[PDB]
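Next up: a structure with fradafiban.
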Amino acid sequence: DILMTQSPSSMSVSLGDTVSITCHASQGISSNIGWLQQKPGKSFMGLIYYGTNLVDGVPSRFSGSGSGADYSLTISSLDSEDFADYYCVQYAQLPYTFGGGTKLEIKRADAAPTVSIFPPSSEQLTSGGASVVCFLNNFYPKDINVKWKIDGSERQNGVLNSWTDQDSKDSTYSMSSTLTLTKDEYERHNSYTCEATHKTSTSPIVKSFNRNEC
Amino acid sequence: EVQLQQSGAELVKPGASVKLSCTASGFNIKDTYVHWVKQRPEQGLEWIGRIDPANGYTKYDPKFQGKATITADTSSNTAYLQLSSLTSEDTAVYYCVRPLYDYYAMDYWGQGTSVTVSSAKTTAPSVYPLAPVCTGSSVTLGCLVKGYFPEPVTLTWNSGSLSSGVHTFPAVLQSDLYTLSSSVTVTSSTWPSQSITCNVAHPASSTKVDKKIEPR
Amino acid sequence: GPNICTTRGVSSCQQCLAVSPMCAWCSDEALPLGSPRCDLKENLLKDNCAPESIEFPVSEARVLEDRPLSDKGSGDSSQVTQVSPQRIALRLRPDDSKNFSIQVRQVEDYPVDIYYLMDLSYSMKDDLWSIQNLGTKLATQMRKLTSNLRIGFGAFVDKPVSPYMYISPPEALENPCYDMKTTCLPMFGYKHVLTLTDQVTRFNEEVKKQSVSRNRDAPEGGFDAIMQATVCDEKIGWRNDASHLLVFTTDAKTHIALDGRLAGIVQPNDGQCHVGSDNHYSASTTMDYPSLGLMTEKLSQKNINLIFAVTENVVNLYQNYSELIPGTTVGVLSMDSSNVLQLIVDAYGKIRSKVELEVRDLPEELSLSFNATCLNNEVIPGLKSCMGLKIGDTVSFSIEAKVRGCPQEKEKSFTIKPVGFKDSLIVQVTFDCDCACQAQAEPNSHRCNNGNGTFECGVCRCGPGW
Amino acid sequence: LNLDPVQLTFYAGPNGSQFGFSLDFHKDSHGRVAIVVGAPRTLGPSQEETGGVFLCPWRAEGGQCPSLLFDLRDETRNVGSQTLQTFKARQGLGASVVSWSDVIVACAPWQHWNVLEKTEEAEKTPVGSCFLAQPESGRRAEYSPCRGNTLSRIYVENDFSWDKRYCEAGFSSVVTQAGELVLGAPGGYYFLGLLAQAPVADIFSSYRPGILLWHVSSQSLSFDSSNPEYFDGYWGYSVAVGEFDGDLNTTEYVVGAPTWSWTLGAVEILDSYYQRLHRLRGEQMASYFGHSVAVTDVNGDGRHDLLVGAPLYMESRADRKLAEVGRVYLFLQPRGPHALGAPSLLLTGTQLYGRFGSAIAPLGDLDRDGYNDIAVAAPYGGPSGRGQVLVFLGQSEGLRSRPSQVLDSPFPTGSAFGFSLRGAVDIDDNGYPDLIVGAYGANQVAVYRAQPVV
Ligand SMILES: *[C@@H]1O[C@H](CO)[C@@H](O[C@@H]2O[C@H](CO)[C@@H](O[C@@H]3O[C@H](CO[C@H]4O[C@H](CO)[C@@H](O)[C@H](O)[C@@H]4O)[C@@H](O)[C@H](O[C@H]4O[C@H](CO)[C@@H](O)[C@H](O)[C@@H]4O)[C@@H]3O)[C@H](O)[C@H]2NC(C)=O)[C@H](O)[C@H]1NC(C)=O
Ligand SMILES: *[C@@H]1O[C@H](CO)[C@@H](O[C@@H]2O[C@H](CO)[C@@H](O)[C@H](O)[C@H]2NC(C)=O)[C@H](O)[C@H]1NC(C)=O
Ligand SMILES: N=C(N)c1ccc(-c2ccc(OC[C@@H]3C[C@@H](CC(=O)O)C(=O)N3)cc2)cc1
Ligand SMILES: *[C@@H]1O[C@H](CO)[C@@H](O)[C@H](O)[C@H]1NC(C)=O
Ligand SMILES: [Ca+2]
Ligand SMILES: [Ca+2]
Ligand SMILES: [Ca+2]
Ligand SMILES: [Ca+2]
Ligand SMILES: [Cl-]
Ligand SMILES: [Mn+2]
Ligand SMILES: [Mn+2]
Ligand SMILES: [Mn+2]
């Protein structure tokens, strides 16, 4: 099959910027390429077909170009609606093969996260479980690494992370980490910590609590 | 206008079979090719196959040979995709596609059909209050929804009252069950000054539990 | 008593004869002033007119050539006679009419040419196999009717051009049966194979070396071939003194004029020969199919008897074309041409079962009427065509020619000929309107008003210019 | 009657280009009339016959004309694990041209097409193609509805049903006043014949270069049939439009089928949904009844009348002998919803092999007497066989049985003078409608100006 290498995987840009997505194929496809758009939590809309030709209804700020195995999607002067996913698809040969994707994201100034740790609830502990929660709200950029420490030692088994899409108001992301242990194993130890590694701080932002003690 | 109106989301068990639909609106399905595309967050987009509804002839990616079966009935102006011997990896969103002008293109897309394969039964969530530990100017509370099936769940603070300064996180599959969490941030003079309640509704099992957050 | 000759009160010998074929003129000097010079021949001798001065032409008809009808068309060097008489002299006076006869015989043992023009499109593959021995089988059956037999062979498909011809892949040009599991010949419009010869075993051995081709459209360019087989006299080898039989076989519809526009061909068929030394029709890809009217013109010009030997699924189609091309005969061909032998013999019998007269170069003022004697001495008035005849039978026609007034040209000639026959009857007509005494006229006579006139045949006429 | 046969105007093209095979009047955005001429054998780039189109401005002197340039390069596109191919060699671009508004439609009925998939193929066949142009703006587009991508094997399996491989679309053409191009394809459905309709504006908006295979949703092709009467009937040899139902919102179609029902030939009147209203049957076989159809109101009752040409009709004469001369049939539309009855008038040619009826052009009102007139061509008729165009005037009871004027060919023998015709357009702006005649045999076009009645 034909491999569609789409790059970059994501980019942070601002309204009015002129950006350029590229798509590289494993062989010549002679402008037999299309471009797609998927607005957050919605379906797809056609943008380009046969390399350069616009789909009816699409604005003229979009444009496709390239030949052989290298093609380019360009957006002149971004609009607030233009922040979404973008995929390339080739139909020079069956089976059709898509690109990995490219997400346009709002750029802004960096922001350190607001960490907050939460021991298991009273109701949960009485049932036979024990989940420590660690929230990391409002930050930028998205690149972040969470680490769980039980009595200072790292723990990777039983973690369950979750992220949000870029917030509509302040253009910041947020994260939720959930360590899940049995009630018996939760009490074998005393200290609980979640370290946060961001580019906003060479030193990791730490928050922790101790069992029993409060 | 050209519009492709697919079937509603399906919820099925492994090994069973499902048959999705794709009704044409504002034109004749017989006019052009009809493709099916599978979408997953990690594996991205994958092309299943195509059909010419005028004659019934089809083409498939070798990856889906066996599971996918595309058909079309010009009478109801509808195209179908049948999936057999379902698996946890068959959990994906399925779109139908047709071209605009170019015979071979992929331009118009239906809204998509959400498929979920799981052995899980209809289980009610477990709502847990998350109060901080025994200081600053901004306080943050939480609320954990664990072990419910199937999706989705609606979550509000004070029955839609406290809306700003909230972050509700996507559900995550924890061993055939879902886990969802939500946070909220106010000032220190609001809590425990004002009662804050976590309102969770799971219409599947029809349960609307509410847990008020209590300090330690 | 007085009649139309006298009561008209004529002024000259010329006007006297113009009254009625029964009038006559007396050119004698000793004739009473009160007695008329223009009366019946009985009344003038009654009035003592000199017999040598009596101008009374009698319309007659005497033979000049009267060869006997030949009993056998075999042998001879075109000295066969099938029309009698061959030439007569006719004399008519104004508004008169004379009658003469003509004999026609369908001679026994008359030479025959048979050119077998065959569809070799892929729908005819099995037909080729069943006619391999046809030449010897056909020599055996015709031997009963003629001792002079020559046979030839031609073959057609369609115009070797798109879309009639498959043009992809490149292999399909050398072998149109490429996408099948066999081989066949490249497309060819029409090709001459064997000139008309009496060595019948040349037929069998050229047939055994022929094979079929394949085109795209069920109708086949057969008419292209009927043309070339007709207007290429020397190459096909039609003999001058022989019955010409053109046998056309096909199991499908045929292309007609203006169908060629679908190949980009718009040039009308010129009706000329275009078959070279390579024995292939070179204008197949540049010149449209012929029209039925152009085909009839050439078939009549070369005395060709066309024979549609087609299959049941298209008999009605070709029966209808046969009605637009007179003299054409149709026979029903089986789906493998096994019965083609009996078909041809029946057609030849049906062809020579009719005698239809034709008139060429008939003057405007002459009109003809015919009486037919077909079967057993049975007269059929107002008819000039016998039917249902056999080889050896003989018919005869009675003919009457009626002239209107007197034409300017005093000697013309026209012909009576049966359709398809070599011999004919030439009628040399002579219009006797003038008097012999006019040749000895006296211009500017002392007897006529002091020379102001002219004295001819015993009367005074006003001279030229008055 | 009042066409000027003394002071003609001559336009001319290259030698052997068949300049004048097809023509029509063309008005630009300013109403300035020109003449579009098709030359289906004009040399292309590779010194090979491809055809060409010329757009002649109006000059009483005439002369050479500038070309209306089109893409003459063979095209190839590798897509969908297939290879699409177009072959413009010997396509006959200009074998029919037609104008509507500021747009020209020139067609190449013999443009070839083939699709390759590994070792199989669709077969290289003449699907036909039409090229559209807007001379003032420079816009260009194409339309070829019979192009397909089905391989040769499938057609054999499904028994050649719906086989649009030999359409030769663009053979004949016409455009409705609403702007709907209608192509005749006598080779559609394995030489059954189909029609293809599509709005001009949709053609321009749905065309992009290099696509070769694209959809036009608003298009409408006729239907295949299993009736042997339509077999090898070339349904679509000639086409025209008019009003024959009484409803003024719908446009009706007239189609020629000169070899319908075993070369009996026929003409059929249809609705815009290709449903048959009436069917005029041929009188004589191989007469090619339906070679040319024309529509105009000749008796001045506002109801369009129909004229059909049968240029090979053989007239009966003395001694049971026939004589190919050609014949034209007039059908007068009856008041209200009633079938078109027997022909109102039979015009029969005189010159043997003259092909009287090969072309028929409505002239409008030539002598300005209230009735529309027509012109009939006999491209090999006249006492010299050089060609003749006869004019017949309209009257209250149809048409006059005898011509009012006869135009003898000013060209040498074999010019096919009269093979194409077009009238009913005032080109010199003197109030009187004029006539343009083509002689592709001589590669020239002659313009006859109408003058006040003497
Ligand atoms: C070769 O040529 C022959 C003609 O010589 C064609 O045969 C004719 O075909 C036409 C079309 O089918 C026939 O026309 C029809 O005639 C009917 C009346 O026929 C009467 O008279 C004949 C005389 O022999 C009798 O045999 C018959 O039994 C009847 O007594 C009409 O009623 C028909 O009209 C109806 O049908 C037509 C459609 O066909 C409609 O348009 C009409 O409105 C109406 O519904 C029709 O007019 C004709 O009679 C045939 N003649 C003969 C002698 O058979 C062949 O078809 C032709 N073959 C080929 C291959 O071209
Ligand atoms: C053909 O036969 C007709 C009779 O069927 C002939 O007409 C008659 O000829 C006789 C001859 O004595 C006349 O007396 C009759 O008056 C004729 N009857 C008519 C004309 O009605 C005719 O003469 C014959 N023609 C030829 C050339 O022999
Ligand atoms: N309803 C339709 N649209 C329709 C109608 C008719 C046909 C159709 C198709 C193929 C036919 O035969 C082709 C060659 C001719 C001949 C070979 C030779 O003569 O060499 C032979 O055997 N096969 C004949 C008819 C297809 C479709
Ligand atoms: C002319 O007719 C008469 C009367 O029937 C007949 O006796 C005579 O033989 C005919 N002439 C010829 C030359 O046959
Ligand atoms: Ca209407
Ligand atoms: Ca009218
Ligand atoms: Ca008039
Ligand atoms: Ca004018
Ligand atoms: Cl003979
Ligand atoms: Mn055949
Ligand atoms: Mn056969
Ligand atoms: Mn054929």
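In what follows, chains carry the letters A, B, and so on, assigned in the order in which the sequence lines appear, proteins first and then strands, with residues in each chain numbered from 1. Atoms within a ligand are numbered from 1 in the order they appear, just like the ligands themselves. Hydrogens, waters and symmetry mates play no part in the numbers below; they use all other heavy atoms, side chains included.
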Quick one: which ligands or chains are fradafiban? ligand 3
Just wondering - which macromolecule does fradafiban hug the most here, in the naming of the PDB entry? Integrin alpha-IIb heavy chain
Provide the letters of the other chains having heavy-atom distances to fradafiban under 4.0 Å. C, D
Could you pull out the residues near fradafiban at 4.0 Å? Heavy atoms only, by chain and number. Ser121(C), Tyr122(C), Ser123(C), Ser213(C), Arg214(C), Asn215(C), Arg216(C), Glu220(C), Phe160(D), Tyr189(D), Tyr190(D), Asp224(D), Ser225(D), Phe231(D)
Chain C: PDB entry name: Isoform Beta-3C of Integrin beta-3
State which other ligands or ions come closer than 4.0 Å to fradafiban. ligand 10 (manganese (II) ion)
Which species is recorded as the source of chain D in this PDB entry? Homo sapiens
